[PDB]
Amino acid sequence: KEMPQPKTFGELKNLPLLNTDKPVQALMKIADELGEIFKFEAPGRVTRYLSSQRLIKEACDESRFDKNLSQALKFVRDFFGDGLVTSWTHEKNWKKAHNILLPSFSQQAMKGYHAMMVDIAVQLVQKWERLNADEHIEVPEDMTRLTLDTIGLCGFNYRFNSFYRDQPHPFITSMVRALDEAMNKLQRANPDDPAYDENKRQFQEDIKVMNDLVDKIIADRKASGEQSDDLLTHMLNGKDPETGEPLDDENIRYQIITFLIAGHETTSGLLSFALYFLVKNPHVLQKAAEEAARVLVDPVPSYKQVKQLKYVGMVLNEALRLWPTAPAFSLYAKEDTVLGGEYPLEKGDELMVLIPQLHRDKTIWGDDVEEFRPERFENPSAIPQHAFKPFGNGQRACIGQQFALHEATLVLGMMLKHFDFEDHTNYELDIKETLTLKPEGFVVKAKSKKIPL
Ligand code: HEM
Ligand SMILES: Cc1c(C)c2c(c(C)c1O)CC[C@](C)(COc1ccc(C[C@H]3SC(=O)NC3=O)cc1)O2
């Protein structure tokens, strides 16, 4: 069977078809035109974009396909290094760091993080309680304050104190510019053109800002008199059983950057999308708010109570269905093989999973895929099989999935308990792309219910 492919432009291949600050959304349109799979070429690389659960199910067979470092991950590696997100599965430091850091996401560890998550969540609530009537909330900006500070405190006993800053934290500003640069590099035909010299200088400056922050985290741990057993403790003290060696210093720095960035950006996106869909679906908002009030009966939430916020969890999963904030992951063929009994692949051929398209496969989800309907997830028998992949696949799946969802469920529950939300601008959804996805310009007003904290 012939591989669908969009129009090419000489030696620029398909690259002119993007030329946009919203490439994933452009690729979704192409997927809608060409179906479950299409080839996409740029100068120097080829990708096959998958959109159907039928093909993606096969791609997730780890006996035939392994995680690929997409060009995007290769660019992000310029500051993620060989951390968990940007290392090959057979790169020694991936398995070594995975074994050393997996205990930091056990159930017992999660319970240990709860109190610190509440610390930051309380700061978010208090900020909104203290706004004057003429003010409003910048949603993604405040969700970023919350999620960055949470991973900073839980993972590294470091306080970014983002709620003590009225502009984005400098680490965030450098992160956004670095992620934007990586995304933009995917589309530029002549990367060595002098017109990009300033981009390269800024990219290095933003990488330095990140590493100056890592220095403070390491210095502050060295000076601490308290005893921690958090993510940073495992980075520093965990051993490879085979060699008796810890992660080398260079890798540790990369893991810190990896977890600070990967450990908050997509969770901020999730919370922003969730609040967007809530204010656009008032009956769903009422049901979620009713659950929050019913379950969160104490001055602050306990770990167990967060687990009883079932419908809030459905809201979050349904937000991830429509707009998975890490919208793609990449695989490569371990050997020559045939995909879906139709598409021959050669060893090393790249398959890119378009998660937003997977999550809109009507043969799986029904015809109403564009509706925000958390009840999709209320009746177990009616939820599809391997059709929902916001956290990746297999042994390279998200290590922090339960960290993210516990944080998001806790915070969204507290938000719904303490405020009524008004979409005072009738905001039109505008999804900013920085590889990851997040609403931009999303503002609301929050009227306190005056419930003490
Ligand atoms: C909505 C929130 C999040 C989403 C949607 C998400 C999604 C993903 C996805 C799709 C992958 C796989 C990417 C690939 O296959 O190349 C991944 C990997 C990873 N995520 Fe997340 N993630 C989230 C939050 C977090 C958090 C909070 C942390 C840490 C605190 C984290 C740590 C990681 C790590 C370490 C990996 C790589 C694991 C490995 O390959 O060994 N993520 N994430
Ligand atoms: C949890 C998490 C993940 C997984 C994460 C990132 C963050 C910040 C996270 O919090 C950053 C980007 C990145 C390293 C990579 O995300 C990608 C997004 C899109 C793509 C697709 C390429 S194909 C194209 O032409 N346009 C793209 O963006 C690849 C990777 O992933």
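Chain A is numbered as in the PDB entry, which gives 3-455 for the residues shown. Atoms within a ligand are numbered from 1 in the order they appear, just like the ligands themselves.
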At ligand 2, which drug or drug candidate appears?
troglitazone
Report, by its name in the PDB entry, the chain making the most contacts with troglitazone.
Bifunctional cytochrome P450/NADPH--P450 reductase
Answer with side chain, backbone, both or neither: which part of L188 has a heavy atom less than 4.0 angstrom from an atom of troglitazone?
side chain
Consider every N or O of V26 and every N or O of troglitazone, then say whether any pair is closer than 3.5 Å.
no
Of all the atoms in troglitazone, which lie at a distance below 4.0 Å from a heavy atom belonging to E267?
8 (C)
Counting only heavy atoms, which portion of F261 has something under 4.0 Å from troglitazone: side chain, backbone, both, or neither?
neither
To which protein heavy atom is atom 14 (C) of troglitazone closest, and what is the distance rounded to 0.1 Å?
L75 CD2, 3.3 Å
For troglitazone, the portion of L29 having any non-hydrogen atom under 4.0 Å away:
side chain
Where troglitazone meets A74 - atom numbers and elements under 4.0 angstrom, heavy-atom basis:
29 (C), 30 (C)
With backbone taken as N, CA, C and O and side chain as the heavy atoms from C-beta onward, which portion of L437 lies under 4.0 Å from troglitazone: side chain, backbone, both, or neither?
both
Hey, is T327 touching troglitazone through its side chain, its backbone, both or neither, going by heavy atoms under 4.0 Å?
neither
Hey, does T268 come in under 3.5 Å of troglitazone, counting only N/O atoms on both sides?
yes
Give the residue list for troglitazone, heavy-atom cut-off 4.0 Å.
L29, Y51, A74, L75, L181, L188, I263, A264, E267, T268, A328, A330, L437, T438
